[PDB]
Amino acid sequence: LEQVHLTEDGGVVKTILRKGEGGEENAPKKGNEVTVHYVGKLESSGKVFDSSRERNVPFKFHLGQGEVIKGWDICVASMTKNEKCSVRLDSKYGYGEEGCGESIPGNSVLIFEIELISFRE
Amino acid sequence: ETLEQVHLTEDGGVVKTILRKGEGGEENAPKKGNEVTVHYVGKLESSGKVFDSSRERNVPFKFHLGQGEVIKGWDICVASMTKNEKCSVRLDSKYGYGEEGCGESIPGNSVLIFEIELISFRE
Ligand SMILES: C=CC[C@@H]1/C=C(\C)C[C@H](C)C[C@H](OC)[C@H]2O[C@@](O)(C(=O)C(=O)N3CCCC[C@H]3C(=O)O[C@H](/C(C)=C/[C@@H]3CC[C@@H](O)[C@H](OC)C3)[C@H](C)[C@@H](O)CC1=O)[C@H](C)C[C@@H]2OC
């Protein structure tokens, strides 16, 4: 599968697992509410640190607001409805030097499988 | 004048101070597995600085109780609450983010104070 670089520094690289729907009415825009399912794991250990699938409830947020880690705003802006991708985020686009809890160490590369389920204004 | 500081663990690491009593009736207490809806304000005991408020962004927080969907101190605290209860819970770092902390705002080895209000719950 082809790697799609979403920044010039290699820090956000999206692999499309399942292509989403075509057409502009199917790509979300800045400020829209998006609904996704995701599974986040560390690249280095493969261990899952957060999963909406495990909670059995999708996650909603407003796109392009900084409500989520930078790599998520960048990744989801590139997706279309029903797309499922695996995105690799350098720590610069994740939790940085600090990390968050033992399950997200400082300077960790994160891998998220993200499925864009739907969006609305 | 009522101070009620409820020690929810033997190690002193989760102490819930009750600010407003919940509605009476055991029917106003959630069970493990129930989805609960809360508002919260989180701050560091050491500096007193707020690091997050669900109120400020106007987005209530929901999770399924007692399933590890949240830091352990939260599962313990919220299991002890009843509908409309408002508390301030003190969590030692072992019930929060431990030696790692979380992001720029929460250093390693931080005691956390959360004001939590249990708004509603369901099956
Ligand atoms: C794609 C979105 C991510 C997804 C984000 C949301 C659902 C939005 C939700 C309102 C989170 C807040 O978003 C503004 C924000 O809340 C804090 O400010 C906060 O006050 C906090 O302490 N909370 C939130 C309220 C419940 C308790 C606790 C928590 O249990 O949070 C959990 C938490 C961070 C657990 C870590 C996970 C890493 C482990 O290593 C560590 O292990 C110890 C434990 C949260 C709920 C995760 O389950 C889910 C997510 O992270 C964190 C300081 C940072 C966190 O944003 C990251």
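As listed: the chains are lettered in turn, A, B, ..., one for each sequence line. In chain A, numbers come from the PDB entry; the residues present are 6-126, in order. Quick note: numbers on chain B are straight from the PDB entry, i.e. 4-126, in order. We count ligands from 1, going down the list as the structure has it; atoms in each ligand are counted the same way. So this one's X-ray crystallography, 1.7 Å, going by the header. Side-chain atoms are counted along with the backbone in the values below, which use heavy atoms only and exclude waters and symmetry mates.
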Drug or drug candidate at ligand 1: tacrolimus
Bound partner of tacrolimus (ligand 1), most contacts, as in the PDB entry: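 The chain with the most contacts is 70 kDa peptidylprolyl isomerase, putative.
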Heavy-atom contacts under 4.0 Å with tacrolimus (ligand 1), by chain: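 Chains with a heavy atom under 4.0 Å: A, B.
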Binding site of tacrolimus (ligand 1), heavy atoms under 4.0 Å: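 At that heavy-atom cut-off, the residues are A:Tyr43, A:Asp55, A:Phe64, A:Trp77, A:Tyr100, A:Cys105, A:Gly106, A:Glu107, A:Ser108, A:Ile109, B:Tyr43, B:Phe54, B:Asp55, B:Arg60, B:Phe64, B:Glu72, B:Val73, B:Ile74, B:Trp77, B:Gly99, B:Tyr100, B:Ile109, B:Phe117.
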Which of the tacrolimus (ligand 1) atoms, numbered from 1, are nearer than 4.0 Å to a heavy atom of B:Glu72: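 Those qualifying, in numeric order: 48 (O).
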Tacrolimus (ligand 1) atoms in contact with B:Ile109 (distance to a heavy atom under 4.0 Å):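 Under 4.0 Å from B:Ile109, tacrolimus (ligand 1) has these atoms: 53 (C).
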Contacting atoms of tacrolimus (ligand 1), where contact means under 4.0 angstrom from a heavy atom of B:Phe117: 20 (O), 22 (O)
Taking atom 40 (O) of tacrolimus (ligand 1) as the reference point, the nearest protein heavy atom with its distance: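 In this structure, atom 40 (O) of tacrolimus (ligand 1) has A:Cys105 O, 2.7 Å as its nearest protein heavy atom.
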Taking atom 50 (C) of tacrolimus (ligand 1) as the reference point, the nearest protein heavy atom with its distance: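 Checked against all protein heavy atoms, atom 50 (C) of tacrolimus (ligand 1) sits closest to A:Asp55 OD2, 3.3 Å.
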Shortest protein contact, atom 43 (C) of tacrolimus (ligand 1) (heavy atom only):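 Going by distance alone, atom 43 (C) of tacrolimus (ligand 1) is nearest to B:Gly99 O, 3.6 Å.
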Check: A:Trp77 N/O within less than 3.5 Å of tacrolimus (ligand 1) N/O: no
Residue and atom name of the nearest protein heavy atom (relative to atom 37 (C) of tacrolimus (ligand 1)), distance in Å to one decimal: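 So the nearest neighbour among protein heavy atoms is A:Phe54 O, 4.2 Å.
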Atom 52 (C) of tacrolimus (ligand 1) [closest protein heavy-atom partner, distance rounded to 0.1 Å]: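 For this ligand atom, the closest protein heavy atom is B:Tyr100 OH, 3.6 Å.
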Atom 13 (O) of tacrolimus (ligand 1): any protein heavy atom closer than 4.0 Å: no
Any protein heavy atom nearer than 4.0 Å to atom 55 (C) of tacrolimus (ligand 1): no
Sub-4.0 Å protein heavy atom next to atom 45 (C) of tacrolimus (ligand 1):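 Within 4.0 Å of atom 45 (C) of tacrolimus (ligand 1), no protein heavy atoms are found.
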Contact atoms of tacrolimus (ligand 1), heavy-atom distance to B:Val73 under 4.0 Å: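 Counting from 1, the qualifying ligand atoms are 26 (C), 30 (O).
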Residue B:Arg60 vicinity, atoms of tacrolimus (ligand 1) by number, heavy atom under 4.0 Å: 10 (C), 14 (C)
Protein residue, atom and distance nearest to atom 24 (C) of tacrolimus (ligand 1), heavy-atom basis: B:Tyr43 OH, 3.6 Å
Protein residue, atom and distance nearest to atom 9 (C) of tacrolimus (ligand 1), heavy-atom basis: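 Of the protein heavy atoms, B:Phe64 CE1, 3.9 Å lies nearest.
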Tacrolimus (ligand 1): covalent bond residue and atom: none
Nearest-neighbour protein heavy atom for atom 42 (O) of tacrolimus (ligand 1), which is reported as residue plus atom name and distance: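 Scanning the protein heavy atoms, the shortest distance from atom 42 (O) of tacrolimus (ligand 1) goes to A:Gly106 CA, 3.8 Å.
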Between tacrolimus (ligand 1) and the protein, find all N/O pairs closer than 3.5 Å and give the distance for each.
from, atom 1, to, atom 2, distance (Å)
tacrolimus (ligand 1), 16 (O), B:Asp55, OD2, 3.2
tacrolimus (ligand 1), 18 (O), B:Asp55, OD2, 2.8
tacrolimus (ligand 1), 20 (O), B:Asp55, OD2, 3.3
tacrolimus (ligand 1), 22 (O), B:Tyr100, OH, 2.6
tacrolimus (ligand 1), 30 (O), B:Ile74, N, 2.9
tacrolimus (ligand 1), 40 (O), A:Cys105, O, 2.7
tacrolimus (ligand 1), 40 (O), A:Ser108, N, 3.1
tacrolimus (ligand 1), 48 (O), B:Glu72, O, 3.3

